[PDB]
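Nevirapine bound to Reverse transcriptase/ribonuclease H.
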Amino acid sequence: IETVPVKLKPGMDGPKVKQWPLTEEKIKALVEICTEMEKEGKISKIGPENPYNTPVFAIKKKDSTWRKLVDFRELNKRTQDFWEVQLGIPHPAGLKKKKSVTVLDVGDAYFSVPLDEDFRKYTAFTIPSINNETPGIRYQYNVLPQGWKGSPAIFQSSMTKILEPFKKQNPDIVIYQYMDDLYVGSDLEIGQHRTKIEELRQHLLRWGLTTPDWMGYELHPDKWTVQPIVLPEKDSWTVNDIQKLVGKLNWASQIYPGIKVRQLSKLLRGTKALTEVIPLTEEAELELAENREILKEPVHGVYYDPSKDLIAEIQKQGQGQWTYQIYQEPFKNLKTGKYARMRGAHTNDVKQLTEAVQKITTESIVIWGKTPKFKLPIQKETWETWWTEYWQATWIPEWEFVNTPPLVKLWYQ
Amino acid sequence: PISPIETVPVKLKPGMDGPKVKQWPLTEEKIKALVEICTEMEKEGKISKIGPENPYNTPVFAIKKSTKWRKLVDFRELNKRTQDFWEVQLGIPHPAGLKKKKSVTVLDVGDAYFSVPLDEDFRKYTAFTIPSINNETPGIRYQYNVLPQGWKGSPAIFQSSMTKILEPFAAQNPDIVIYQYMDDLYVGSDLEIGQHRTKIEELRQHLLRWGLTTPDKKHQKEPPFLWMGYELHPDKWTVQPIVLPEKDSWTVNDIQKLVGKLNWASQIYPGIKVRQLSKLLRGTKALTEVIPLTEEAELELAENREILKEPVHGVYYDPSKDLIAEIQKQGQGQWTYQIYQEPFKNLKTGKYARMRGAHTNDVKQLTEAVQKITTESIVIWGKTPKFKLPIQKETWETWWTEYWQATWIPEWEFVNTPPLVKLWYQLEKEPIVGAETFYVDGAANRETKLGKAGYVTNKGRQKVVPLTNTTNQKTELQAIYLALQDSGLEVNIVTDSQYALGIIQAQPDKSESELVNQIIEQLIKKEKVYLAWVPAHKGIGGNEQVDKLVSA
Ligand SMILES: Cc1ccnc2c1NC(=O)c1cccnc1N2C1CC1
Ligand SMILES: O=C(O)Cc1cc(=O)oc2c(O)c(O)ccc12
Ligand SMILES: [Mn+2]
Ligand SMILES: [Mn+2]
């Protein structure tokens, strides 16, 4: 009943972000959602003296019939030192090492805490109308809104208190909170681990805190690694195959110092046809084997800089496959990976890319407690019109749109 | 008279005080006109005399056209100190998204702003002074009690006040559609004309009880309603008349205005083109500079005059029927589309002509056009249209499977109307056995721009071409062009240029570079081409041989 005073960062005004146009079915769903939220006092209508706005979308975690997702990305940047410095939620480095990690949505708890009365005007949002036929429906939040990085910072003391009996009861379980999500990691058998999650759900339910109802929200970060680069093993090398191989190793030497290609180049002397078969000499085979032993070792000197942003690049590999790498400085990868899923009838590109972004973002949160900024291989307008069709997360990472193709496609196959 | 309308609380920007601009003297006949106008505004409660403790002021002028003077207050300094408001009427509806109505009435809210009160605590900042004659006596001090004309917050507050006044009427009459724009009201309904005119009168009376006056049925406007450059009938719409001038000479201003009018007309008039006319605006921003119309620009303008020769109208939206969009290629990277529910009547038309960069292909541009239409449809009708496209399924399926970017394609139908969208050539995925292997390379001097482009083949053929006014990039493209000129219908080409590899693997069929076009012409004539890449200066077989030739 007593509100925590909240302030923007010094010298910054509130967000004024355009509301994206929405289909008719999503406007209706948003109108039904907000009519209830206003009856429940969570949000109230505002007037023209509130110039701020934050975009809203309608997404769909599988259920009977629609949830409201607010893109607080701008408001989060403009309230940053309030939530990252004053009430920052530290990051445990052991969460990435547990055998199983389950993710639980606790965002419903925020709705019981009132929001600082002088801060509510910054949570203003608009439900658009079809073809601008009527002015937007303008609301602002009265309670802590989901997706705002200040809601967990305020609810943190209440969350530590609710979780305290569970942690003393289970001293080995790692619990980390990122926004509206709890990440719970254990080293238990998957059957015992799911029982412990149900126990924790019953603990939160007993203290009045509702939650959901081999994959899904269940992870296994002990099986994740940084992925290795691999060279093909062939019995017959053509001139073209060797040229592919010297090209890849020349690109690899940009990351690994000790790569050598001299013995392989000397096999291609004197203007050969591309399809000519070249048997590998003993000296090139040993050159090839020594390079294979260099790529099985991690690149050394790669460290995470908490002062820098994380960058995530994605490559479309075809055959429903996608490769990604997370870095802060070019060619010093902190993690690389691959994504693939195979249901021809239901599946398409934007679909795969959207699920890849959410997967990479979840891996990022588990490991560094921070989302990356994505270099998305897609047209800007195409992504902006369809990403909400398959978004099932409560957060939204930063993204930008890459317009040049890379030849490094096959270099990551 | 206290107004029954709830005032909106207004604040000044933080750390700013109200305006303190002193009033310049005006002529005696202006002052006499100001005293007469203000005394009538004071009687109507729109202003009020204030004491001397108010330290603020804003200049006032007076000017006439009728036989009446008008009062003008220059609120520029107060606007700079006024808070920001929720942006007003930024997006207007597109008439193609409205639904047909039997009757539509326009209502001009006369004296709109002065009928809405102003926040009491904020009125002190609107103080102004009528100067006494020869500045010998104290000036007459007034301040506003309503929304002043030209103040930063008057449009936002009035529209907000108007909506709150309208919402009980609309709640009682869900069979009535109202759209507000500035101080106008467009009221449409499907009721029989008798009871529709009754609802209009009920609305006028409802508005009148809050101090909002509206034109009598006598002075109520009639079709059509000139609004935002459109002409609106209850059952059809079009753009206002487009007049393209005949001129002996054309400046940048004249052609910028011309492209604007042609763009505006393209939303209903099908086939408008603006590629050649917009090419003339490249790079130059001198408004009065005369640009000579090219041969292609003259033809394009001629083609548009023929399209604009007789009127075209658009039909309104029927939500009960499917939305269909069809696209045709015009050539030179130009496309046009129509959105319709029924034949012979279009909801709207439009064009997509942009090249994203220097090179594209038809399948990519078609996808970008479908994207532009999908965005436009969601804004106007809240949904995605069914597409009819001049591309066969096998053509698109092989493109979006192998295109390096992610993309989404809606449900669509193939329309056989030529010209069809096709893949003009496809590079081989594996090297061609029995086909000659060309090791191409190029080089140029960055100062003299003198270059060389040549090749060495496995068969022993070698060639070198001298090049002037070129770059290392162009030479690498000239080298591939050379190997395509001198090879059979099947050829393996090995380059060291990542640049040239990225261009050709993008499989373009259109380009702004003449050289790339010539390479496209050669790739079409070939039967099988394999393009391979190796690192430069790594001892890689034939590449080191051709590198030594053109380096010299
Ligand atoms: C300018 C404008 C903007 C938005 N809607 C409308 C209009 N004006 C019309 O005349 C109109 C014509 C046909 C259908 N709706 C119309 N109306 C609506 C109110 C019935
Ligand atoms: O690879 C480089 O270092 C730049 C480079 C690019 C290229 O397309 O062609 C090159 C070339 O023909 C050279 O002789 C040297 C360097 C390059
Ligand atoms: Mn080269
Ligand atoms: Mn070279």
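Going down the sequence lines, the chains are called A, B, C, and so on. Here the PDB entry sets the residue numbers for chain A, with the shown residues being 5-69, 71-218, 229-428 in order. By the numbers in the PDB entry, the shown part of chain B spans 1-65, 68-554. Both ligands and their constituent atoms are indexed starting at 1 by order of listing. Atom set for the values below is all heavy atoms of this structure, side chains included, hydrogens, waters and symmetry mates excluded. Structure determined by X-ray crystallography, 3.0 Å.
In the structure shown, the parts corresponding to nevirapine are ligand 1.
Other chains with any heavy atom closer than 4.0 Å to nevirapine (ligand 1): B.
The contact residues of nevirapine (ligand 1), taking heavy atoms under 4.0 Å, are given as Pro95(B), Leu100(B), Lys101(B), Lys103(B), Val106(B), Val179(B), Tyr181(B), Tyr188(B), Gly190(B), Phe227(B), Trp229(B), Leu234(B), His235(B), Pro236(B), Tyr318(B).
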